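For reference, the structure discussed in these notes is given below.
Simply put, chain letters go A, B, ... down the sequence lines. Residues 391-735, in that order, are what chain A shows, numbered as in the PDB entry. Heads up, chain B uses the PDB entry numbers, so what you see runs 1-434. Here the PDB entry sets the residue numbers for chain C, with the shown residues being 1-441 in order. Just so you know, ligand 1 is whichever comes first in the structure, and atom 1 is the first atom listed for that ligand. All heavy atoms count here, side chains included; hydrogens, waters and symmetry mates do not.
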Amino acid sequence: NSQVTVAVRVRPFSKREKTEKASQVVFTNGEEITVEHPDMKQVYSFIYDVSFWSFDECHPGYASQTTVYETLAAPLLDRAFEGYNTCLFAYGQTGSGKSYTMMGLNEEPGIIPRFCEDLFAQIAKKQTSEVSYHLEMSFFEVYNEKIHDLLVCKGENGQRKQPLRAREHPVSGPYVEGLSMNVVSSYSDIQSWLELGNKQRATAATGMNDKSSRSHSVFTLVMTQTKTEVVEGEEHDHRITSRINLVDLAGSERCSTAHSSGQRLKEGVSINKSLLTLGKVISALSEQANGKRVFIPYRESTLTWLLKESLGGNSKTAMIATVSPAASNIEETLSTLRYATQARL
Amino acid sequence: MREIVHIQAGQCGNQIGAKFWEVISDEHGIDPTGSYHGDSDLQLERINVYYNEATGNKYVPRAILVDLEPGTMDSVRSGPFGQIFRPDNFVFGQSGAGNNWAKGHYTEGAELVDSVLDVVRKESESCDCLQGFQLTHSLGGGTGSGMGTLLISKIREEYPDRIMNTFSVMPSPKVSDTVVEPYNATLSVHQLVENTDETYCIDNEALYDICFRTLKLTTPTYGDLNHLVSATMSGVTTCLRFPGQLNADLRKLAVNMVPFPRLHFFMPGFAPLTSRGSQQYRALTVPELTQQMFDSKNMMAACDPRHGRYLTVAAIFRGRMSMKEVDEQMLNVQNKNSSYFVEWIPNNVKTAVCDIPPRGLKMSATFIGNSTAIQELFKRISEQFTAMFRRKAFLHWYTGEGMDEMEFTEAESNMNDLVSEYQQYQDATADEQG
Amino acid sequence: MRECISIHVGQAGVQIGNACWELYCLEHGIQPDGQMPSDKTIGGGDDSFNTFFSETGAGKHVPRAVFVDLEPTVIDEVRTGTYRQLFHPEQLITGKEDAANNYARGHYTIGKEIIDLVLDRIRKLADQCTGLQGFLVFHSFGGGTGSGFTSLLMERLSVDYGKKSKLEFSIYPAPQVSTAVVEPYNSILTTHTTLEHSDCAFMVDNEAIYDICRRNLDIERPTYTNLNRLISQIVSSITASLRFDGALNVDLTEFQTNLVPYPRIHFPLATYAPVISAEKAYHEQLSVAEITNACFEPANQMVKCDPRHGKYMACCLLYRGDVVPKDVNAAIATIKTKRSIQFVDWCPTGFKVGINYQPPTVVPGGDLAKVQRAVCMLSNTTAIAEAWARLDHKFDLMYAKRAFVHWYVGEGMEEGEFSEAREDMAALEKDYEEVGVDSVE
Ligand SMILES: CC(=O)O[C@H]1C(=O)[C@@]2(C)[C@H]([C@H](OC(=O)c3ccccc3)[C@]3(O)C[C@H](OC(=O)[C@H](O)[C@@H](NC(=O)c4ccccc4)c4ccccc4)C(C)=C1C3(C)C)[C@]1(OC(C)=O)CO[C@@H]1C[C@@H]2O
Ligand SMILES: Nc1nc2c(ncn2[C@@H]2O[C@H](COP(=O)(O)OP(=O)(O)OP(=O)(O)O)[C@@H](O)[C@H]2O)c(=O)[nH]1
Ligand SMILES: Nc1nc2c(ncn2[C@@H]2O[C@H](COP(=O)(O)OP(=O)(O)O)[C@@H](O)[C@H]2O)c(=O)[nH]1
Ligand SMILES: Nc1ncnc2c1ncn2[C@@H]1O[C@H](COP(=O)(O)OP(=O)(O)O)[C@@H](O)[C@H]1O
Ligand SMILES: [Mg+2]
């Protein structure tokens, strides 16, 4: 069956922060995470299935990138070859280390490059001249409950963001029309597509940061292992297929502080509704793993509706939340750790 | 300035509207010339919620007729209250849907929807503030199912901030009136579930049984059935028009009747209903009304709440009442009938009161309810549906008009998932210890 | 002179104000047209009482009030009623649409587009006032306007006016009775925001007042026009020393002091014992002892909670009419001799006491009777924590499933505010349990 694996990663202080000398609010005791308000009145504790401490190297249990890949992502690539689907969530507010854990810098690579390179270097080993592995990639977004494709090059006009629609095949399940799928042979082709997509992804210079991710983003890889019938008849026979999804979600965007009106407010509403439905889905899946028959509300959002076969049944889901230990972002860290907290059982 | 736009689509919709605009025009004092001939002064305060003003202090309703055959147009015009509607709002065509959801959603409705939207925009932009929309439509046939749902989908896109109520006449268990009811109903639910906020389900048979067992009517025409539907329509929109002690609206009821956005299919009902002879031998008090409203034999949905659990109910009272006698009564129901309700919602009842009742009664009441018994309304269709779809019975008349088999399976799966969502909350199980 | 601004937010607020000002207009002698008839006598005078009514040179007295509802249905009954010529025409409707019992709407979506226009009027009234003291707010935990808009306004007034008293008179939610499914959310969300700004919140409940109107007044079918008349008497007893002469006078800052030990336990109750009919106006002496004992009976509380399940921390006792302090001292001695009425060890000084000479006025069409002596008891008791334990549990039921949350998110809110508020209330429960503990070093 399918349980989830929620993890937390505390980013270290920026040199700007320890030069300005921001104070520390997020502490740990190996297992648990603790938040202590600067007033030192209330202290809240959070337990998770895994906890990553990237605060300082000299600490015991330092959480580098290679121990995030080996801990969360790699057991999903392992389940791929077994013939099952997998999804990797990535939640986090701006200035918390989402793109350092997932994509990474030129050095210190995140989950995407390590994952892809291990996949390619392992199919290079496993292929026998009687088995063959074919990979097919896709990359799309969600904006106000509308599906947009990114890898297609958009000439400048009003905008060519065609609102594609989702359908439900009886066997294959929910899918996306017009999805420009592409082929891949090694990791140096995914970099190009992802750069070309992230350039066209939606952004806005809201109050928090010069560029915030105002849209979700699903990056899918479909593998097909063809092994041959020679009972008597050659293949095109046996295609065990697996979908591996890496989703880069957006922020919750409390609108009390952010006096947001119009399009930014509508984007915030859509993001928060999607995240609520996703939380409901994860909680229902954990309950199901714990022996309770329940109804997983997939059809209340597109993100949950298209990934239905990738977070259900014989599937393995993973989630990583990013937090800052600074005292100017306590109100964000609290909501993040409390969004993650309702997935752990 | 909480303005409503009534859209009437099909025979059912127009025949309910021709009775509803007789009920509201009476509740506000309008005559078939469009002129105020009333007595009070509250009738004029919030007449803007349904009507618009003209030159000679005339009041023209904000109605939009949609039907694709001229027969109902003439019935409205050649009628009692026909010369108050705007002729530029009698939108219609010829060669109707043919009891087909495809002809009225892709072929013939697409050739006329622009003409309806051009009137909708005119009547919505002439409103100071808009509360929502209002559609009366029979799914089971064509036009009301297809050309209604398409208008819903195109208004929700133009107005994804407003309410879109749908007062629908669903098909009945025993006796059908169209052979292709299952397909069309399934394809309408697939559009309403995704593009509605509060949809009210009505069934001819529940209303026949009301007319026979309560009202003691032997031969009730449809003007009698629609006389019950209009009553509930007016009950929902009384707080916006008239004043009251504890008020409500469409948004507040929808907030307090929809825990999850998909479960917005409700059972309407109205009290006090009685036979003309058994009026002298009853008392007009709140408990009699509460006993009449929560009675299974007073519903309109043809689905018994004894076979399910109420998730959330509403009660819009009209008259000079006492709020203590509403609180006590609506607490008594939760306690005496705890099994018929949900535990993770402590108080399932909403109350609203208006200080101005219906023209002939000292007191009135209107009842909405969200029950798991309407499961039965869909589980039947999905059983009628798949059988036919297991043989491809009447499908070549829909494919020919530009449809695919996938659009059927999608709707079927959506309905069955709705069934599961309602059935998850009707087996009362307990917690670890508490 | 002294001045107190009243802010009636929501349906409940307006329907309480329409009785409160009905009462004030009679206590002082103002007709609904604003024109005092017995300004014949003034030759100076101060009976154009400046605590509530601003006078203008034409012989007219306009109240220091503000109305806002997010819906015209209630305010437009004032414009069309008997008191249409009294209030300044700035009775602020903004009722293109109401809060739909959503805190998310009355805080940001529709709560804004207004609050500038409310603050511009409060500023206009304050500048017309010299020694302003206090903001009497009137609202309801359970609706969207009263919940969110009041939170917003109290956030703003804590910045614009700073350290000035803010007394909330709030309709508390009842355990069993409820006219809405989303009071458990709005109540907690309003407490989370108002708790850091308000200074004393006087709570009431409709169920208790129904029980009173049944048992004492002999009304089996009562409506809001009976309850709000009693709430008006509570406010008048609170606001009597600032208008009429007395022996022991009480300013608004004295409730903020004698009844708030710690800045988060400022949620007291209210009580008004002589709620007897004109029939039972006879057959009873109606002395200070009988009344003071009635106010400590758990049945005549205006909030549904048994203080036998808790401990009193402070209690103000405001009396009107022919009272002598010897009687109050004897009564308090009788109450302190009783063992069912427990107190905290750290509060041996108990009761605040106040006396005013002018007795209450009877409204025509009312249910109260002319009584020579009146009393109002406002007590802080730990027992109300049990009520907070109820609301916090309902929340826990219909929030585990995230029911009704998409309506709040759809109007500008986040899934984390609920957790924040629930944790603040769980902290307040522990803060109510701590003080009950007996002191040991
Ligand atoms: C002397 C007297 O009391 O006559 C009553 C009457 O006998 C009864 C039976 C009326 C009567 O209604 C019916 O018999 C009936 C027939 C078909 C379908 C539904 C009802 C009545 O016709 C119906 C009529 O109701 C109204 O007038 C309301 O305004 C109603 N609107 C209209 O009837 C109406 C019809 C056409 C044109 C304009 C208005 C209404 C109800 C709810 C909301 C808005 C309006 C009333 C009180 C009566 C008669 C006349 C006998 C009842 O009607 C209602 C809705 O309450 C039927 O049961 C109630 C109980 C009443 O006692
Ligand atoms: N005591 C008393 N309570 C009232 C009165 N009117 C409404 N209430 C209570 O108010 C609660 C709901 O809050 P409302 O006042 O209706 O909400 P609102 O302020 O009008 O805000 P909206 O929801 O936007 O209309 C209910 O539980 C009622 O019991 C009244 O006149 N007197
Ligand atoms: N309650 C009610 N239902 C009706 C009435 N007229 C028709 N119906 C129902 O509505 C359906 C009529 O379908 P309709 O849309 O008129 O077919 P169309 O003319 O092709 O659009 C039938 O299934 C009837 O059960 C009416 O006056 N009252
Ligand atoms: N574990 C870590 N060690 C060192 N630096 C880190 C770590 N995590 C995050 N950072 C720093 O924090 C920044 C994260 O920015 P980024 O996460 O890309 O913003 P956003 O979250 O808005 O995408 C990077 O510049 C990186 O240098
Ligand atoms: Mg209101």
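Modeled at ligand 1 is a drug that PDB records call Taxol. In this structure the chain with most contacts to Taxol is the one the PDB entry names Tubulin beta-2B chain. At a heavy-atom cut-off of 4.0 Å, the other chains in contact with Taxol are listed as B. Interface of B:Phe270 with Taxol, defined as ligand atoms under 4.0 Å from a residue heavy atom, comprises 42 (C), 54 (C), 55 (C), 56 (O). With distances taken over non-hydrogen atoms, the option nearest atom 31 (N) of Taxol out of B:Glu22, B:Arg359, B:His227 is B:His227. Across B:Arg276, B:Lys19, B:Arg318, heavy-atom proximity to atom 22 (O) of Taxol is greatest for B:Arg276.
Relative to atom 39 (C) of Taxol, the option among B:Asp26, B:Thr366, B:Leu273 with the closest non-hydrogen atom is B:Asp26.
Among the ligands and ions shown, none besides Taxol lies under 4.0 Å from that drug.
Lab note: binding site of Taxol, heavy atoms under 4.0 Å, is B:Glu22, B:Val23, B:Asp26, B:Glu27, B:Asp224, B:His227, B:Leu228, B:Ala231, B:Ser234, B:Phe270, B:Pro272, B:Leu273, B:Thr274, B:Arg276, B:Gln279, B:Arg318, B:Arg359, B:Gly360, B:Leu361.
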